[PDB]
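Check out this one - daratumumab stuck to ADP-ribosyl cyclase/cyclic ADP-ribose hydrolase 1.
Chains get letters A, B, ... in whatever order the sequence lines come in. The numbering of chain A matches the PDB entry: 4-200, 208-258, in order. So for chain B, numbering is the PDB entry's, and the shown residues are 1-212, in order. Here chain C follows the PDB entry for its numbers: 1-222, in order, are the residues you see. Every heavy atom of this structure was used, including side-chain atoms; hydrogens, water molecules and symmetry mates were not.
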Amino acid sequence: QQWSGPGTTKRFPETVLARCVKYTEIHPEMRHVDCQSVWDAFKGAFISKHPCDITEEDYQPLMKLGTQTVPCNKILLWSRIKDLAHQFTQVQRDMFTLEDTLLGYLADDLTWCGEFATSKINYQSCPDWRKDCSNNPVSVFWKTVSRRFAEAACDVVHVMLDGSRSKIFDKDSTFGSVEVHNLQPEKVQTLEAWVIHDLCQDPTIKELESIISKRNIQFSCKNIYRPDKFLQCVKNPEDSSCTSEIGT
Amino acid sequence: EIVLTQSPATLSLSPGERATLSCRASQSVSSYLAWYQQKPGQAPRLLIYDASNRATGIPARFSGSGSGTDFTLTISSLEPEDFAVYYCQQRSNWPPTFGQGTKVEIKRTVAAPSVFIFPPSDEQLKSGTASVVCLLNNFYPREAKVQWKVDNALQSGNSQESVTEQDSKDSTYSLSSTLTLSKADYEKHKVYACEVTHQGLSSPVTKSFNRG
Amino acid sequence: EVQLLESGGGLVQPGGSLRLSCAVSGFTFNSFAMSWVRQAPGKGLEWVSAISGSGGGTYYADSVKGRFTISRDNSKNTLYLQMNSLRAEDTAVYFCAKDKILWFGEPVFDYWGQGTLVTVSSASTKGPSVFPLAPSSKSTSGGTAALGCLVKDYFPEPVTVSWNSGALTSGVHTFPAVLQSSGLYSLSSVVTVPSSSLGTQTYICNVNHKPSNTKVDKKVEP
């Protein structure tokens, strides 16, 4: 019901409110954000509810509050390769990941849940997705914000994948279960995968190519054998890169 | 699509002068603006990409500035070798679009043309057609008047002209004027001449030959 | 070093088909997007189509969206442009270009091919005639003599003209072709030399017209 998982992060309300204030103070934003209203919309999603009975509609006021005008042709999805995807967006700073948006920035690496009959936050334990229930506050949030993120994408979407994993593309991950199935074909022309270390011939990548192609979206794939060199030339493309993109 | 407007269409400067080229986008491309140089007959050369970054091996006299809709290419110390059309190109969205181009032509001191006339080859006269060629070589400005007369009779509408593009080292022009006759009517006449008028000439220069 | 070499192209009838090729070297073809950019005679650059490094993703200009097909064979490092239902307004020089960006998207081009002219016309191929422009003996400015070759009555463009198999380049002017009223092109290619070298140096013009397979070498004597 509420156990088997880590509890809500200590000082979670202060943290969410502090993150919103800092995100807005470094992003003169589409529409002024009253961070207090944002925290209230966050709280209203899960407070005083069964933490196994959370729905996506519970989070829609927070989603509406947190809608941002993101350049849709600059979205980098990723699946289970966290550090390189975000360091890539620190350099190619015209491209965004889900954690670079307001809503992703707010909840990144946090846990939360409430209790049915009380207005309190449970800092002791929260429903674990696998062993208690799937419709818990944290999982439902990310399942919701990731769907809307994919729905906003346009013109060419890139996704970074870990080629060292035995399942380079996992159909059961958020990218496979939610994001891929929600790219709008009338807005998205191509999904280009970047496999990080020829693994574009891996059975799981061809599965991603099949799934995407039957939604009438083009598939593209690109091996990256030299990640550190690939990033070095994103910083400064002017030294030695048009001959060194080869199998190391 | 995004429309790129370059001004002016043509720019005639002297070497050592500063070239200022404008490109104005119909909507914001915000940085995604490249500059390309295309010399006659050649493929484009990327000068600046993303509005301010010099490509590899591009001389430091090329500099890009601007954001949003107003962009500018500057060539500080212009050279005769810089006679080319320069294009701006945006990569803000699809489709990528180029401007119509600005042609930078180099100014120069007045140079009179050398005039040469070429009679028809006997090899061509077997074909039933004769072609006389008048060569005007290495002159500036391009404004020049070639006049054809045979037996001192100014011919009309039987000649075509062709001009080189400005030489990339001495900034001069060359012109050819080809007069086309029937072979049977080329023989009916004896004296064949082209008249050349140009700012660098004191009097109209007439190169001529007699048939045979 | 990077090289993009276009092949194919030439004369094709309205409504007919033509496939262009772009052979590449000097970079990892697999990891770069490619595009075709075209240039109508005496006009600017117009982007035609783009393709991803692996080939799956493609974009097209609206004017060609139903008739052109971009593709690539990465095992041969070759880019293709399959053109069907060609119209007169498709007459242009066609470049292949390499995307500078390290992934698929709105491109900027850091490498270009030399281009290949596509002529869409009802007219037939015509091989040129090459006539000499012999040096004078009653004029010839100072000690400067002019000579050349007359390349007449060919279709379509282009034609290639060299002197002494390429050994003589200084002072050579090959004029832009002019369309005669017969629908056939013509040009002259000229060179100024010292007048007193006319008896000691041999001058030959090499004319190549690939559409008609005409290779003429004409020696120009005084």
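All copies of daratumumab taken together correspond to chains B and C.
For the options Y111(C), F104(C), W103(C), heavy-atom pairs under 4.5 Å to chain A are most numerous at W103(C). Heavy-atom pairs under 4.5 Å with chain C (daratumumab) were tallied for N233(A), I256(A), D158(A); the largest tally goes to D158(A). Nearest UniProt active-site residue in chain A relative to daratumumab (chains B and C) (non-hydrogen distance, 1 Å): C157(A), 6 Å. Result: most heavy-atom pairs under 4.5 Å between chain A and a chain of daratumumab (chains B and C) - chain C. Contacts between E1(C) and chain A at a heavy-atom distance below 4.5 Å are absent for every atom of the residue. With chain A as the partner, the residue from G105(C), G26(C), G55(C) showing the most heavy-atom pairs under 4.5 Å is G26(C).
With a heavy-atom cut-off of 4.5 Å, the epitope of daratumumab (chains B and C) on chain A covers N76(A), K77(A), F91(A), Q95(A), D97(A), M98(A), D158(A), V159(A), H161(A), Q192(A), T193(A), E195(A), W197(A), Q228(A), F229(A), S230(A), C231(A), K232(A), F240(A), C243(A), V244(A), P247(A), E248(A), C252(A), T253(A), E255(A), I256(A). Residues of daratumumab (chains B and C) having any heavy atom less than 4.5 Å from a heavy atom of chain A are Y32(B), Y49(B), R54(B), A55(B), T56(B), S92(B), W94(B), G26(C), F27(C), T28(C), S31(C), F32(C), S52(C), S54(C), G56(C), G57(C), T58(C), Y59(C), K98(C), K100(C), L102(C), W103(C), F104(C), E106(C), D110(C), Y111(C).
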Looking only at N and O atoms, which donor-acceptor pairs between chain A and chain C (daratumumab) are within less than 3.5 angstrom?
from    : atom 1 : to      : atom 2 : distance (Å)
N76(A)  : ND2    : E106(C) : OE1    : 3.4
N76(A)  : ND2    : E106(C) : OE2    : 2.9
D158(A) : O      : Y59(C)  : OH     : 2.4
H161(A) : NE2    : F104(C) : O      : 2.8
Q192(A) : NE2    : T58(C)  : O      : 2.7
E195(A) : OE1    : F104(C) : N      : 2.8
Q228(A) : OE1    : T58(C)  : N      : 2.9
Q228(A) : NE2    : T58(C)  : O      : 3.4
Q228(A) : NE2    : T58(C)  : OG1    : 2.9
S230(A) : OG     : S52(C)  : OG     : 3.4
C231(A) : N      : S54(C)  : OG     : 3.2
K232(A) : NZ     : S31(C)  : O      : 2.8
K232(A) : NZ     : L102(C) : O      : 2.4
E248(A) : OE2    : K100(C) : NZ     : 2.9

